[PDB]
Each structure stands twice: as C-alpha cells, then as structure tokens.
Engineer: 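One structure is given below, represented as structure tokens, and several questions about it will come after.
We're numbering straight along the sequence, starting at 1. As a basis for the values below, the full set of heavy atoms in this structure was taken, side chains included, without hydrogen atoms, waters or symmetry mates. So how was this one determined? The header says X-ray crystallography, 3.2 Å. As the structure lists them, so they are numbered: ligands from 1, and atoms in each ligand from 1.
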Amino acid sequence: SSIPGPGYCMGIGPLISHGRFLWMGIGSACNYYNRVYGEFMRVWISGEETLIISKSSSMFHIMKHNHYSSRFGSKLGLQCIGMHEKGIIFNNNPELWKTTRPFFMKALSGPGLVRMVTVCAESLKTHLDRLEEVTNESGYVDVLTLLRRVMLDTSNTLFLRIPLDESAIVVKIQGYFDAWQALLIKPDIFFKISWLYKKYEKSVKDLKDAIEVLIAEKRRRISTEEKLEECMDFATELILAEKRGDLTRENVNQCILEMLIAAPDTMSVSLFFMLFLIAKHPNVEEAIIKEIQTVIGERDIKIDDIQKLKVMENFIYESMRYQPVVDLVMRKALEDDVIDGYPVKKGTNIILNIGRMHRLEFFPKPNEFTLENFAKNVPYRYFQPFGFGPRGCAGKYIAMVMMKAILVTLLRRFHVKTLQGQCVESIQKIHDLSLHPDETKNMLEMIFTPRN
Ligand code: HEM
Ligand SMILES: C=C1C[C@@H]2[C@H](CC[C@]3(C)C(=O)CC[C@@H]23)[C@@]2(C)C=CC(=O)C=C12
C-alpha cells in the first residue's frame, strides 16, 4: 500500500493543506481530509509530512508502542507559550518528558485521587452557595465560568494550595489556552512579522507572571515549615526535586502552570457539554437521580461510591463519545515502522482523529446519543477518550472521578434547563485544537432550578 492524500503539486501540495488547516481549524481540517480521502492519509503541516488517521487499528498501534511517545508543532509557537521542551503536555524531548511525567503520574493517582473526590464536592458546594457570582437578573447562569472556577479551585487546593484570585486567573488561563491554540501550527514566517503575534505573547506573560507570584510564596512556605513529611503535594514534590538536581526552576515553573490549567481547559467544557446533554435528555437524567438516591441518599459523596455510579459512568462515556471536547491527539514517529499497511518514517507527524473513529467503528448507534452504545462492555481498543499507553492522558483516572463528583453534587441539588431550543447539536462550535463552544456567540447560559 502506497500513501493516500492530495497531490503534491510540485511544492504546492504543502501550501494548500497548511492553509486549509489555518483557515478551517485543526479539527475540522482533519475531519474534512478524512472524509475526502481515506481514514488514513497524508498532508503537510509546515514542510514535514503529517498523517491524519481515524483507523482504530492504527490508533491502537500508535498509542501502545514507545516510539510514538512524542507530539509535534511549531518550535517557535511552543517556545512562545513555554512548552518547548518544558512541560509534559507538548514536551517533545523524549528524555526530559520521560523524567517529568512521573511527577504528574504520581500526583494524579493513589492517595490524591481519593482526596480529589471530596475536594471536588466541597469546592463545588462553595460555589453553588455563591450563585450570585454567576447568575443573571433573569436567572441565567454562566455555566462555563462557574465550572472553570471550581476546576481551578479544585486543582489549586489539591496540587498547590496557595490562595489566589480565582476569577482573575481563570480569565488569564483562557488567554493562555487561546495563545497556545493559535501559535501551535503557525508557519515560521508568521513569527517574523511581530505586530501580528505579540498580541498572544502578552496573554502568556499575564498568566506566567501571575503564577510566578504563587510559586514564589510556595517556595517560602516550604523553606520555613515544621513537619515537611506531613504534607507532600505536586508543587512541593517538584520544588524538592529541583532542590536536589533533578529539575530546572524553569521546568518546575512550567509544570505547575501545566497542572493548574489542565482541568479548567477540559473538564469545564466537557461538563458543559454533559450538562446540555442532560437537559435535552429527560429519560437519562431520571436514571441518574435514582442511582444517586439508591447509592448515596443524603450522605456526603465518598471514594467508595464512584464504582457504584454505573449509569452515570456510562453517561460520561457516551457524552465524551458523542460530544467530545478532545477529539484529536497529536503524535510524532520516533522510529521507522510499518503501520497497518503503510510505511511510516521517523519524523512523521501523526494526528489521531479519535472523534471520527468513535463514529465509524464498533458502536451500534454511533450517530445518535444513546446510553445503549454502552449497554455492553466496551473494548478499550475501540473507545479511547483519554488515550492509553506510555503517553496517554495522565489524568485519565482522576478525571472520571472529578466528573462523577461534580455531576453528583450538582444534579443532587438542581434541575438544569437550557435556553430556547438550544442543545449540543445546535450550539455553534469552534473546531481547532479542541472542540469547544464559540464564546463570542451567546445563548450558552443555563437555568438552575432547585430540587425538593
Ligand atoms: C475529561 C477531561 C479530559 C480529557 C477528555 C482528556 C484527554 C486527554 C487526551 C486524549 C490526551 C492525549 C493523550 C494521548 O496522547 O494519547 C491527554 C493528555 C494529557 N492530559 Fe488529559 N484529559 C482530560 C483531563 C485531564 C486532567 C484533569 C488532567 C490534569 C489535571 C489532564 C492532564 C493531561 C496531561 C498532563 C496530558 C499530556 C500527557 C503527556 O503527553 O505526557 N487531563 N488528555
Ligand atoms: C484541551 C486540550 C488539548 C489537548 C491536550 C493534550 C494533548 C492533545 C490531546 C493533543 O495532542 C491535541 C489536543 C491536545 C490537553 C487535553 C491537555 C491539557 C490541557 O490543559 C488541555 C488539553
């Protein structure tokens, strides 16, 4: 098998496709190219050949083997946002990534994943007793903002615990995201003409400078302190590693930033799409309340409860399957290989189109939202909402805990209504790095009406 895809127009092949990506958006460009050509095909972002793949078989191969534990993207765009060989998310240096990930992995599982289930519920309870902060005169709640705030609160009180300006940092975090999303695949030419990008350069500084203030304090409280053994957390772990010789201060700093943004960047959008799905699916929402009555009653949500919330678990999966937020994964080939039928040279960029994959394969009723798609145990090789393997989502387990926790704590207390005939299908969406709602539009509010 030779490689499918558009004609290489003697050096015009690349230019049309890279342009198509910038004009369309990374997400909807992938969906376009996969629809036109095969579920496996070649394109050019910048110079380098890049493959876009929805085939579950290829998907599985890639996330499984160790020679795909890299991502890709403009070096100058990454340097701009500070993820060039520094975080983990888009840290593309094999060795430096290898040595940092452990820290993330430890903090996002075991003892911490148990605190998180209650840290979440409390954080949300706080914010639900302060609805005045997010509710309109006509009772319209800004769900997106509320969520982002409890996500940041949650992340902070678990991984860093330093008092911060919640409202302020959330807006800056979004500046950071947008900037990241903008510069990720902008061709080098773009960075030469400075008044075009320096817009973004400023949102990055706004967040980084806001965070240096926080880590500066965490550094003090550590260098004083009585029983240091008593209270280990993500930020401390890193700082002490730096205090040995394991980490650079710059890197530490990026990781803390990367940990704080991660939840607000994804959970909030995901739960938002989940909340709309509940409103327009009354049948499903009844099953979820019964399960809560059966499993929890009027007791505080605890770790031992989460396995029992079976219906909800399926709801979360079906929501992510049907309305994904992270619908694509970027990887790079580190060794040569043959993947399915095709030769894949090292240095080849890969975009796994997991969103399209969850509609072309396995599932009984792919194109409608039903809890029937998850009535029979799903092979983790046909459904990858987080990815798996050496570089799968580091939060994949804690994530599910948090989502379960916040949904329970919310639906426990309020019925949710969507304005007009609005639903996830009829929301206007941007489809670039992630797949999220266009916030320059409106009608994205909800109404929270009490229960009992
Ligand atoms: C429901 C929300 C979430 C979704 C849909 C999601 C999904 C994903 C996916 C698909 C990847 C790419 C993995 C791969 O390449 O196969 C990823 C990576 C990652 N995720 Fe998540 N995730 C979520 C929540 C979180 C949370 C809460 C955190 C941390 C608090 C987190 C931290 C990370 C990090 C640090 C990476 C980069 C991993 C690496 O390259 O080493 N994620 N996530
Ligand atoms: C929404 C996104 C986009 C995700 C990214 C991890 C790497 C992903 C999956 C890619 O290869 C392309 C889109 C990227 C993620 C989940 C990780 C952390 C975060 O803060 C925000 C994220």
Engineer: State what ligand 2 is bound to in this structure, picking the chain with most contacts and naming it per the PDB entry.
Structural biologist: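 Its main partner is Cytochrome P450 19A1.
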Engineer: Write down the drug found at ligand 2.
Structural biologist: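 The drug there is exemestane.
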Engineer: State which residues lie within 4.0 Å of exemestane, judged on heavy atoms.
Structural biologist: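 Within 4.0 Å (heavy atoms), the residues are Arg71, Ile89, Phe177, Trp180, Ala262, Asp265, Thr266, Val326, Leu328, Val329, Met330, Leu433.
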Engineer: Per UniProt, some residues of chain A bind substrate; which of these have a heavy atom under 4.0 Å from exemestane?
Structural biologist: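 Checking heavy atoms, the UniProt substrate residues near exemestane are: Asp265, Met330.
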Engineer: Hey, which organism does the entry list as the source of chain A?
Structural biologist: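 By the entry, that would be Homo sapiens.
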